[PDB]
Structure formats: C-alpha cells, structure tokens
Q: 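Could you have a look at this structure, given as structure tokens, before my questions?
Chain lettering follows the listing: the opening sequence line is A, and each later line takes the next letter. Chain A is numbered as in the PDB entry; shown residues: 2-109, in order. We number chain B the same way the PDB entry does; the residues here are 18-184, 188-233, in that order. We're sticking with the PDB entry numbering for chain C, so the shown stretch reads 1-118, in order. Scope of the values below: all heavy atoms of this structure, side chains included, with no hydrogens, waters or symmetry mates.
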Amino acid sequence: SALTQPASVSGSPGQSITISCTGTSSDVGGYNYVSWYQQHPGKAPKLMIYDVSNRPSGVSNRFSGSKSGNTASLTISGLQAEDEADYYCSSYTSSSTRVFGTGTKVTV
Amino acid sequence: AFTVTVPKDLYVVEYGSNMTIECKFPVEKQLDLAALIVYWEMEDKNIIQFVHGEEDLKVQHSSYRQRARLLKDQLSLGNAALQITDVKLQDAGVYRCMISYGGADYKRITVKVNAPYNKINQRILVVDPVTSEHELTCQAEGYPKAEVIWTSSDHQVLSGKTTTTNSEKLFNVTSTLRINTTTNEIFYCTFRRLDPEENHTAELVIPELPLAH
Amino acid sequence: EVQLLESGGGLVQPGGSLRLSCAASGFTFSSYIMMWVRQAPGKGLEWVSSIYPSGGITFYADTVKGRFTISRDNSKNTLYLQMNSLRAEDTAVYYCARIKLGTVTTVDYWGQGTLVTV
C-alpha cells in the first residue's frame, strides 16, 4: 500500500511544475481528503494543502492542488529554489488509515 | 468482551430530512458520566467528541456545526445516538461510533441519501404558431442521476431532449419536447431514477394562448 | 508556538527494547488525536500508531500490531511508544504527528524525528 509519486522532477525559476500522486479506487480516488506535505531534507514536515485543494493561512498562493478522478496533483507557481525538497502526498483510506506517497524530489 | 452494538448497519435517508443513528453499549446499575467517552466520525471528519459529560465543540467539524448532536438523554440506557437534521447529501458515506466506558469498541455504519425529483417545473411555449410547434419543458432536482420519459395522452412514448447538470452536488435535470400540438392536448413527463427506484409523473396541458420563445 | 520533541531513540539490537517519547508544547493536547509515523532512510513514510485523546482507544499498523504499544499522559502533555522485540524492518526515523482538529487522519504539525537503528 503506497501512493506513487514520480521521484524525479525539476525545473528553473519563475516556473510552474506539477507533482503527481496516483492511487486506488479505495483511497485517493474515492475520497476528497488528500493532503500534501513539504519538507527539506532532515527537517520538520510542513502541511501545505489538505482536503484536495485547501491550504492553511501561511502557505504562499504559489501552491495549489487538484484531484482528477483517481489522480491528484500539487502545483507550484512562481517557483523558487528553497522549494526544492522531497514532497509527499497522502490520502485517507477505506481502512480509516492515511497512506503516504513514495515522495518526489524537486530540484531547482 | 465489552462490545458496542448497532441495531441497523444501513440508512437510506432522503435529502434534507432528519435521522438519528444509534449505538448501544453495556450499562449496569447507573451510568457514571465522568467515565463515559463517545466519538462520532464520518470518514476523515470528526463529528462529536464527548469526554466527561461535556461535548468538545471546539473540535467538531465545520460542515457539521449546529446540525448533528449526540442526544445526551438516551445515554443513561446505553444508547448513544447521533442526531443529524437537514441531511445534506455529502453526509452520505460510512459513519462509525466509538465508546470507551470501562472497555472500548466501535462499530461502523453507513448512510446513503436520496433526493426525489418530485417538484417538477413546467413550461409550455409555441415556437412556430403556423406549424403549431410547441416546446414542452420539465425540470427537477434530485439525487442520484435521473432520466425523463415523455408520453402522449394516449400513452405513447415520445422522443425528448434532456440535459443533466449540477446545482451543491445535486443533479439538475432539464428535458424539453418539440412537438406540434394544439389547445387542451395533454402530455406527460415522468422522472425515473435508480437507487431506491422512484418515479414522479407530471401532466402538461397545452393552453389556448401559450407563450412563445 | 508549537513544538514536538522526540527523544529516546538510539542503537539497539534486534529483539531489544526502546521507549520513544514525544514532548508536546502547543494547543490543548487533551483534545487532539496523536500519531506516530516512521520514515525509513531515503524511503517512503508510513503510519504506525494512533491514539485518541482520552478513553484509551489506540490503533496500530499491521506490521507493528502486537509488539508496539502507544500511550499518552494528557496532564504531562506527552506521548509514548513502547517498542518490543524490534524486528530488522522496524529500523527507520520516527515522527510524532498531530491530527488537525476535525480531521480524523490528517496531520498538520510534525516533529523533526528521532533515529531508531536495529
């Protein structure tokens, strides 16, 4: 049980980029609860968005999120070089459990 | 062995109504409310968190506020029941209740929601007075998706054109019929949908002086 | 304005015992669902254990069921994980995660971890 996040994506400043997160009819595709977490290596993972698109006060509008059918996507805009970090998605599941993604490493 | 028991593991509840959901837990002699803990959840969403006779309302979900309550009265009989009113559609899904009182167990239950299409809206207009081409229009709102069957006074089915679309997640169903007819000719649209098989049939009576658009 | 401090991890043999703690500073911790989540070095991150605020309802991931036990002192506002007969696959970083109010499963604040090596 894991969420598949393509490990290698990358791109240069002032640019948009979208990490993908795919999963079953039973978790990311069945529920509107999917959260995204940002962490630089060896540090303190930060909730960025939640409930598919919703982001808490204090995350730059440069971050939005999207779920299409079974597949969910986290988009970064006005891309900057601090944002190069391992990022994970996550979903609630029919087992009343949260699965997490393998993670993608974005690099500026 | 302390176990929680739900008298019904299903609920089919119509949009906007009210429902009580029930959980039962062993009680002997009198209930010590200091030691009782209840939790009500639906998927990723807490609903109630009842610790020590005081319902924690800072933490209840936004989408539930002033809608769903734990009935504090029945508890003394071992029955801790979630009362939601104005069933809002997005409540359809699997709940589960959790009781810690000396022991702990939880049982999950599910609820789905209908929305009959029983308020039908009619419009009758001429589009070509010479050819007497009229346009018969039924719409209505409900859940889940519906289909629309047009029938002549003599009980023959006729070809319509329909459009399904969303209102929140509710379904909005418009269907129109373009057929040459005259005054006092009656036609029908019946809305038929699946799930709890349901149907609602409207009568359209052509007026002497219909509008035009 | 919130801090979660894991302490207690280190090098222990396979089959040994370790007690992981989480010191909690922040909002009223007597109302939160709390969680442990593990990160194997370089690998994905998995959920191990849940505990409800009070009542002593707990949950454990299937790998971990029966040799890990979780607890919490709501006065001392901390959270513990007891690890017994650590298998070799149990060696990873351990995170202590607070569940956003309202949401059953969605963490929001995290601590920075503590190492466990089998």
Q: Drug name at chains A and C?
A: avelumab
Q: Mind checking which chain avelumab touches most? I'd like its name from UniProt.
A: Programmed cell death 1 ligand 1
Q: Which one of the chains of avelumab has the most heavy-atom pairs with chain B when the cut-off is 4.5 Å?
A: chain C
Q: Looking at chain B, which UniProt domain houses most residues near avelumab?
A: Ig-like V-type
Q: Epitope check: which residues of chain B have non-hydrogen atoms within 4.5 Å of avelumab?
A: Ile54(B), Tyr56(B), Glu58(B), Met59(B), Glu60(B), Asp61(B), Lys62(B), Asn63(B), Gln66(B), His69(B), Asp73(B), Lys75(B), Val76(B), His78(B), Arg113(B), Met115(B), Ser117(B), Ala121(B), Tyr123(B), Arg125(B)
Q: Which residues of avelumab form the paratope for chain B, counting heavy atoms under 4.5 Å?
A: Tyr32(A), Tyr34(A), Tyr93(A), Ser95(A), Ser97(A), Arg99(A), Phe27(C), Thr28(C), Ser31(C), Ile33(C), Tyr52(C), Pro53(C), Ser54(C), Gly55(C), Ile57(C), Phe59(C), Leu101(C), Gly102(C), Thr103(C), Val104(C), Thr105(C), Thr106(C)
Q: Can you remind me what the PDB entry calls chain A?
A: avelumab L chain
